[PDB]
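Pictured: Catalase-peroxidase, co-complexed with isoniazid.
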2 protein chains.
Amino acid sequence: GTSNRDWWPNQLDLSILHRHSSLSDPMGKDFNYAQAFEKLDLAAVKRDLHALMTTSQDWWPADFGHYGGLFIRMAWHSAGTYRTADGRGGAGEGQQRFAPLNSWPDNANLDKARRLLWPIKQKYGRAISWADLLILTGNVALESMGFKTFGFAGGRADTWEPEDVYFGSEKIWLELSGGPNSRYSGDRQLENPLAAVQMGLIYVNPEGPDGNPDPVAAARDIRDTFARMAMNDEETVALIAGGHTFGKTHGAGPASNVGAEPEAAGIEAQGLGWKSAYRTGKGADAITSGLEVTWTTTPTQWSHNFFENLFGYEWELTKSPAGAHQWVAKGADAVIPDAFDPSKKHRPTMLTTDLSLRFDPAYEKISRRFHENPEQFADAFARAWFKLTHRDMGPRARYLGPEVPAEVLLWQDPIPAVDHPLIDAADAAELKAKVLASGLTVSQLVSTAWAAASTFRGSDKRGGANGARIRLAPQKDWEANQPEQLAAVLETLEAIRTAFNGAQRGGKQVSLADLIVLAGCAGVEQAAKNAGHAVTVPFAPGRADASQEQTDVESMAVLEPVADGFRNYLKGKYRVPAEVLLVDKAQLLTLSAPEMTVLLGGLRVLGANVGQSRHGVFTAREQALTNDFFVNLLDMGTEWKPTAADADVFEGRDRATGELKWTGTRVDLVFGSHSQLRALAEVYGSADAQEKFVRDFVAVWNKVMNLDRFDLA
Amino acid sequence: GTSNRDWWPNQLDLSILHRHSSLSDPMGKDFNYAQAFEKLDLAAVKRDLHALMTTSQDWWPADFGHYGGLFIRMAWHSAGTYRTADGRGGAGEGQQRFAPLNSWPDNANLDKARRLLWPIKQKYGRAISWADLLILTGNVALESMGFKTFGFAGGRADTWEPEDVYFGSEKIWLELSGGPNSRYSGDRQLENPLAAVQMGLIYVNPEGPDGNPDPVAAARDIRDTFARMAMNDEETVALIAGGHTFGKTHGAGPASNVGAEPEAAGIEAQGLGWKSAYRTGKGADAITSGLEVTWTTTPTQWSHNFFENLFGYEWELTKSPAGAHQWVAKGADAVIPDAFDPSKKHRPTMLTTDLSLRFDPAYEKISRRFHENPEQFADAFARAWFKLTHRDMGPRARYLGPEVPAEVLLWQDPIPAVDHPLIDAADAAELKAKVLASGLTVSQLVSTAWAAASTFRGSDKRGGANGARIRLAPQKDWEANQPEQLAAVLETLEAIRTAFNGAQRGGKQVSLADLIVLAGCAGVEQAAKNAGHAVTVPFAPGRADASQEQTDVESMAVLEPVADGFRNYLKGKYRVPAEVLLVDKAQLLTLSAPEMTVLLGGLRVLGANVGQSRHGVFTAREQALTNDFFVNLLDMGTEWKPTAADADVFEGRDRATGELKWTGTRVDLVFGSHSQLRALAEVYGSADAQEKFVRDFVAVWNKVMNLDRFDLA
Ligand code: HEM
Ligand code: HEM
Ligand SMILES: NNC(=O)c1ccncc1
Ligand SMILES: NNC(=O)c1ccncc1
Ligand SMILES: [Cl-]
Ligand SMILES: [Cl-]
Ligand code: NA
Ligand code: NA
């Protein structure tokens, strides 16, 4: 059956904005996962999970009698899809149970691990999500095997369909670099936003870069990919050595014995895959990665044996029974237990990427420290594991249940608690009047609040106006934020703030974070008034101001907008067309297509463009909130053509006279081109739509202003 | 960007069940189109449209100074995608303005026609849909040129995204038959559910079958395709001759002058396409089909000159300036006006498919009658035009506005007016008790009501339990309806009805259509009781009983279920997997994936399977409403394998012992295989879900029972 995607493969795809509708969700519209989880007996779940660890099922027998290693890998993979570039991936949506992740080569036999968990899921039902359960199971596996974890938070609501996530353009699983859809260019530069070296891997190739078993070169790919997943050198060494303290790999026979991945398997396989024709196809005979490495002398107990082995032997390159490159310890005795046969033992073995931890000079120093100081290793691993598994959960207000760590961590972008009375409706009116009397313009107020609030992305729930981090490094210096204009607005607002706070009694004060947002609302109210509409914009106080020292400048760098179609901004020239980047941004902001449409048309006429560009400013009454953008965009009296100078900029000329009327960008004109977008523009460009436009614009403005307000949830 | 669709191109696609979410709709949740339309000044819209007919725009100059012909083609194409096999296509959702239809070859330059309508759309806004406006514009064109139409109904609400519609498997536009994805097999048998001869055509090729200019052969394709669009010979001749009384075709130069269709054009084209490099690219120079035919001496006035020409000349095969086969009148005077030059005239011309109306024997007799009696021609065309343009609108209760024809037409599947008091809640409870006391079983009651209600399809809003047509030919003898069991149930219900109606005073009575639905509700309530749960199933009275004489038996044939996964029924062996046919049925029933999942699991345990098959009956308490289907489906203690006898039937055996527990079909086991469906099954198979299951089942049951109840809208 030929589809629109087949006919017009490069056309813009809006269906990513209409994922996660109430249609696909089996839970009622009023279902609140947090409330369900708060009533969960978490301690009872943990007991059940502890019992599961050593209750082997014959259809996938437990290595060494203990599933712990398998479940730690499961949880690590759930979390390890995360990318700092867009915040997409991670454990926070339980997407491991959907395509494509349920069927990635690197997730082979984690279908078994998830199926082991079904009885527990079934028992507790809606009170624990799959997303929470995968991580909790990893925690309990660690605990069972003698490692005390740093904490756990619930609150990852299940999702009910696959995410639309760009994982790369290769058409072959595991394709090596330099092919027709290569994710590498230049001096092994990995394309943004990707964080894995090959399609279907979590981070790197365990044999080495493109399969070449050079631990030094592997270490470069590790560093790069783990950095792109928010981990530094210390964290990376702690995690890899920590993980590989447990369990084993599986490569008992050739990989050609392994059949279809879950999404390709027969209906009778009931959601499982990689069925193996090698011997019993499981347990002693299992084939997962194709490697056959067991790292420690006690694979089901926390130990200090990973680094004893790493440093205590010299390593010889060898092959697994499936033909994969791996390393074996020169001259060693057979001291590593077999997973199934008590009369067999093995020599110590390592992956190429384990050897990275010794033969990369920077990792070597960390590895030695952790070798000599195992309590530092233990602490670093506990902290990194918590971080890995909670990275995408958002503000601490979202963390549920009785094991949430009290320690506030820098990577959480923390926001101070509010310790004083908030401003009320009268105070808000008074502050808005002051803001409008200062001389700040509609354009300045709307631009500044948009800049502050629109850093939020729902993928990892980072960013937003809470914290007033727009006044700090690096946000205050971002080109899109118009640093010089921004400094002047913040100075005026700081003065208004100081004078209001000065005049209060009791504890009462207003944060700059709130006043930024409030002042934007005032700008919108004023724009509406300029257009003859009497409008109040909703405002919710309670934001607090974070310090510079509470704001990791390096980690904040990934939130910088290099494309923001809502401000007609593009920082450079990219391969992806700007209207694809607009829809991507709308998705991160949680906007539907109608919300995207209304927001953009409003912001254009309010003066939110970077540099006060005229592109898409299709009105003769700028800073008045009207539907002019739509009425003028859709006017057939104007003809559009790309410019000689720049084929990404378009001139709109009167059809009859040739006179230039407007200019616009791809982002502006797509609303008059794309057949679904133009249908939405038509609604808002109709003669009956002025009040609808205004009211819908106010609603989406407010929604953006509140995106990070999990304190009000 | 590689997607799930690319990795697993044969997996089941559920997103068709989640179109038309509130997310993609720009209108508020309370928007009621009917209410907006009922306040439209229709007469003022018509005056505006009348003026538009003769107000030429220089970007697409009007042929002969009148756009009427263009708009009649536009409306005919809006309606002419319709297929009786599934009720998909037609004008009723305004889908011409979205992909792929906005860009089909046969819809070339109707982008111009829709753009001409923007000013009027913009003026009246939400009070007239695009879907209504396309048809109304066709009507006003006809009216303006002297043709009295039969009527017009409003009520087609706009839609906001493209439908998912199978239009064929060819990967090349207009591909001639016999390709690798040929829609023809055997002796030119067109595959169901298609109703056109080539990909991107409305019905047939105007040059002749696969381009071969033989009017006799062409007539075979005309008859076939028009029959698949619900039109008999008389209707077909009336429509084609009627339409081709007006306007002209466009083929002024070679077709290689024509550029990209709208979905492939540059952003600057602002939603238009087929930009032509031939001379001015428009007006006298236009290229649309590549044919250059003008049928009558008065293309802007209703006449009987199509038939005067068709019969009054002999016809010679010739070529247009674009190279297309067409016909010219031998030895004729130049009597046909030119569209732009008043000093030029032309000989009469015809399409191959116009000559079909003379050289097919059966068409010839109709065409002669219409030639000799143009008043019969006018009436037949008006009736056929109404039918064409309203075929997919559903029950007459949906028809809005002041021009709805009073005459009731057989093709409308009419339902008699109710002229008496309805039963109340006490009466309903009394009837449910009587039904349960008769000895009719849960299985019988549920199966009968399902059979009655589940003929509804939202594609053309035909079918449903209103009418009690299940008691008439042909429904009463459809194999899926279990004719012998059905007859016994209907007899018992008719006796209950007669006794209830006999005992009433004051005109109150219950229709059999209502009692069938009510009896099913009693079944579901009793099943719940059997499971230990007291529930009330909602029930709305007001259905009426249609007669055999009010039921077109041939037209009812397309509503026969040949696949109904909800009753585990497949009438034969098909190329399309049964789970794909399930999802197709769910879509026609307007179900989401969760609704589909709940409905199916309940029906299996209530005994709704045709022939009392045990397939998928995963319970030991049949005729109790429980979630046993899900709990048992998802039990990892059961292993599934296809049978030796039949690869589409599966045995579930205990994993440990090999004991046979269950059997199932692909439709049953897909819920344990497909990763999105299994996630939904999990929810309903959890230990906290019995009350949720019952409540959601009751809700979707009620929704199905009410699908055709536009009398309650
Ligand atoms: C350079 C990064 C890494 C590479 C290349 C890597 C590679 C692998 C491979 C190939 C396997 C064998 C899969 C199989 O055949 O069953 C494995 C197993 C495992 N990895 Fe890693 N890993 C990495 C990082 C991590 C991290 C960060 C953790 C956890 C903190 C972790 C924990 C595990 C565990 C527990 C197992 C054993 C699974 C079992 O016992 O069944 N790994 N790893
Ligand atoms: C066998 C069925 C039919 C065939 C093959 C057919 C074919 C065509 C073609 C090839 C054109 C020229 C397109 C262009 O170059 O602009 C055309 C024009 C037209 N057709 Fe048909 N047609 C059919 C049925 C109908 C029906 C059922 C109607 C209306 C009741 C209709 C009304 C028209 C009108 C009004 C035009 C003139 C468009 C203009 O003036 O711009 N046709 N037809
Ligand atoms: N790919 N997933 C996202 O981009 C996303 C998910 C949830 N809220 C916002 C964005
Ligand atoms: N293609 N679209 C349909 O089949 C349909 C549309 C609306 N309700 C039910 C079915
Ligand atoms: Cl994601
Ligand atoms: Cl459709
Ligand atoms: Na994420
Ligand atoms: Na339809």
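To find a chain, count down the sequence lines: A is the first, B the second, and so on, and within it residues start at 1. When reading the values below, keep in mind they use all heavy atoms of this one structure, side chains included, and skip hydrogens, waters and symmetry mates. In listed order, ligands and their atoms are each counted from 1.
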Inset, instruction - Point out every copy of isoniazid in the model. - result: ligands 3 and 4
Legend entry - Chains in contact with isoniazid (ligand 3) (heavy atoms under 4.0 Å): A
Inset, instruction - Tabulate residues with any non-hydrogen atom nearer than 4.0 Å to isoniazid (ligand 3). - result: A:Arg88, A:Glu93, A:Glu163, A:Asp164, A:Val165, A:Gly458, A:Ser459, A:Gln587, A:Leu588, A:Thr590
Legend entry - Closest active-site residue (UniProt) of chain A to isoniazid (ligand 3), heavy-atom, 1 Å: A:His77, 14 Å
Inset, instruction - Report, in ascending order of atom number, the atoms of isoniazid (ligand 3) lying under 4.0 Å from any heavy atom of A:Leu588. - result: 4 (O)
Inset, instruction - Check for other ligands or ions less than 4.0 Å from isoniazid (ligand 3) and list them. - result: ligand 5 (chloride ion)
Legend entry - Closest approach of any protein heavy atom to atom 5 (C) of isoniazid (ligand 3), naming residue and atom: A:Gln587 NE2, 3.5 Å
Inset, instruction - List the source species for chain A given in this PDB entry. - result: Burkholderia pseudomallei (strain 1710b)
Inset, instruction - Number the atoms of isoniazid (ligand 3) from 1 as they appear, then name those within less than 4.0 Å of a heavy atom of A:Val165, with their elements. - result: 1 (N)
Legend entry - Enumerated isoniazid (ligand 3) atoms positioned under 4.0 Å from heavy atoms of A:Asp164: 1 (N)
Inset, instruction - Considering the heavy atoms of A:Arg88, write down every atom of isoniazid (ligand 3) situated less than 4.0 Å from one of them. - result: 1 (N), 3 (C), 4 (O)
Inset, instruction - Identify which residues UniProt lists as binding heme b in chain A have a non-hydrogen atom closer than 4.0 Å to isoniazid (ligand 3). - result: none
Inset, instruction - May I ask you to check if isoniazid (ligand 3) and A:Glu93 share an N or O to N or O distance below 3.5 Å? - result: no
Inset, instruction - Give the residue, atom name and distance (to 0.1 Å) of the protein heavy atom nearest atom 7 (C) of isoniazid (ligand 3). - result: A:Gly458 O, 3.5 Å
Inset, instruction - Say whether A:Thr590, considering both its backbone and side-chain N or O atoms, lies within less than 3.5 Å of an N or O atom on isoniazid (ligand 3). - result: no
